[PDB]
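Count residues from 1 along the sequence. For ligands, and for the atoms within them, numbers begin at 1 and follow the listed sequence. Reckoned from all heavy atoms, side chains included, excluding hydrogens, waters and symmetry mates.
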Amino acid sequence: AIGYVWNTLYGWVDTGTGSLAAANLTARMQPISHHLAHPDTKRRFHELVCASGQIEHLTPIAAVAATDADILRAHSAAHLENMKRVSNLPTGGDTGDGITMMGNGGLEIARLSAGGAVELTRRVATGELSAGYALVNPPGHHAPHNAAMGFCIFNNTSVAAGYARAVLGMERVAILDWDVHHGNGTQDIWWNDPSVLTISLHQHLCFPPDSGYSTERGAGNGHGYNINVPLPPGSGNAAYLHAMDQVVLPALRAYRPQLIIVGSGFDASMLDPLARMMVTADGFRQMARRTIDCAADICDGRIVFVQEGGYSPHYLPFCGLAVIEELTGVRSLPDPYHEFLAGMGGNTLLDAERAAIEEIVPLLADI
Ligand SMILES: O=C(CCCCCCC(=O)Nc1ccccc1)NO
Ligand SMILES: [K+]
Ligand SMILES: [K+]
Ligand SMILES: [Zn+2]
């Protein structure tokens, strides 16, 4: 029984009229209809879930607004307070990094995004659902304990993990983040804490800058329970699956989480503007399959996917659909870009990709 979260307001996130930063006359950055992070990309994934008939194989789960209590399990009081402040401003405004915006009352959507993750998590853990996908927006993984950052207001997976820890009494939770950018926020939150294993695969130094080196391993009792797997630009299916087989899956098995939460971004895709990676819908399909099978093995199948980044409105929907299909076990639509993208490469493990991955294998010892 597979749960699925979509809220209409996920598609109503106001990304303004700029490209990344706001439009800017002095810099001559012309206004544009669709900001890189415009909600249409994720809405098209939702609509494809419905139009493809996958929705008939899913159990719709209503998002519930994350409470202050919920948020403070992952975030500082100062941060919550600050988000309330910014959300209450007449126009809303900058959440702190000059780029991540929230409109007036935008906290509502932020709360629904984190709360979608929490609700799906709650229902998978009760045993009502076997697994699910929370197609939330805004994303979460850059938001650290005490800030918003990189389109992220709250760290959705960390709020969910926190809930699983405090409310559901789970001793260990794993967050596996395959969004192409470093999950610095998640890393920060659980830095000193061995009870949440935080793994990030990412294009090395893609975003944030100066972040996501494999030397970043946690501290105190949490040392050895943060694993960064920085990969070179041009990495594709072969590199991603090698990282899964050599680091990710071994790591999950060593750690023995009671729940696996996947920060599922699709910005590693072949056609994404915001990274240089070569993962195809079939690549994501194999990644999802391995992780679900792993959960079946080690934590009674308890696996919760939570949407992170991805910026191709054309291609993201098919990458997302492939993951949904691995959840439902109904595989009823081709990737219509498959042959076009297959010819481009990425499906051979290059020596430099193998070496980047090899660099992390020794860290498994400390789990
Ligand atoms: O998919 C994503 C988004 C990655 C890119 C976000 C960039 C936001 C940004 O431009 N931040 C910034 C850059 C320079 C100075 C200050 C803020 N998250 O994983
Ligand atoms: K940790
Ligand atoms: K990542
Ligand atoms: Zn990303």
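Looking at ligand 1, the drug there is vorinostat. The name UniProt gives to the main binding partner of vorinostat in this structure is Histone deacetylase-like amidohydrolase. Other ligands and ions with an atom less than 4.0 Å from vorinostat, by number and name: ligand 4 (zinc ion).
Taking every heavy atom of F151 and a limit of under 4.0 angstrom, the matching atoms of vorinostat come to 3 (C), 6 (C). The proximity of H142 to vorinostat, defined as any non-hydrogen pair under 4.0 Å, is limited to the side chain. Those atoms of vorinostat with a heavy atom of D97 less than 4.0 angstrom away are 16 (C), 17 (C).
Every atom of vorinostat with a heavy atom of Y311 under 4.0 Å away is listed here by number and element: 1 (O), 2 (C), 3 (C), 18 (N). For chain A, the active-site residue flagged by UniProt that comes closest to vorinostat, at the heavy-atom distance given to 1 Å, is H142, 3 Å. In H141, the part holding a heavy atom less than 4.0 Å from any atom of vorinostat is the side chain.
Regarding atom 13 (C) of vorinostat, its nearest protein heavy-atom neighbour is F207 CE1, 4.0 Å. Listed by atom number, the atoms of vorinostat under 4.0 Å from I99 heavy atoms are 8 (C), 9 (C), 10 (O), 11 (N), 12 (C), 17 (C). Counting only heavy atoms, the protein gets under 4.0 Å from atom 6 (C) of vorinostat. Looking at UniProt's Zn(2+) binders in chain A, a heavy atom closer than 4.0 Å to vorinostat shows up in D179, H181, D267.
Under 4.0 angstrom from vorinostat, there are no non-hydrogen atoms of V180.
Lab note: binding site of vorinostat, heavy atoms under 4.0 Å, is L20, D97, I99, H141, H142, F151, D179, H181, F207, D267, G309, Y311.
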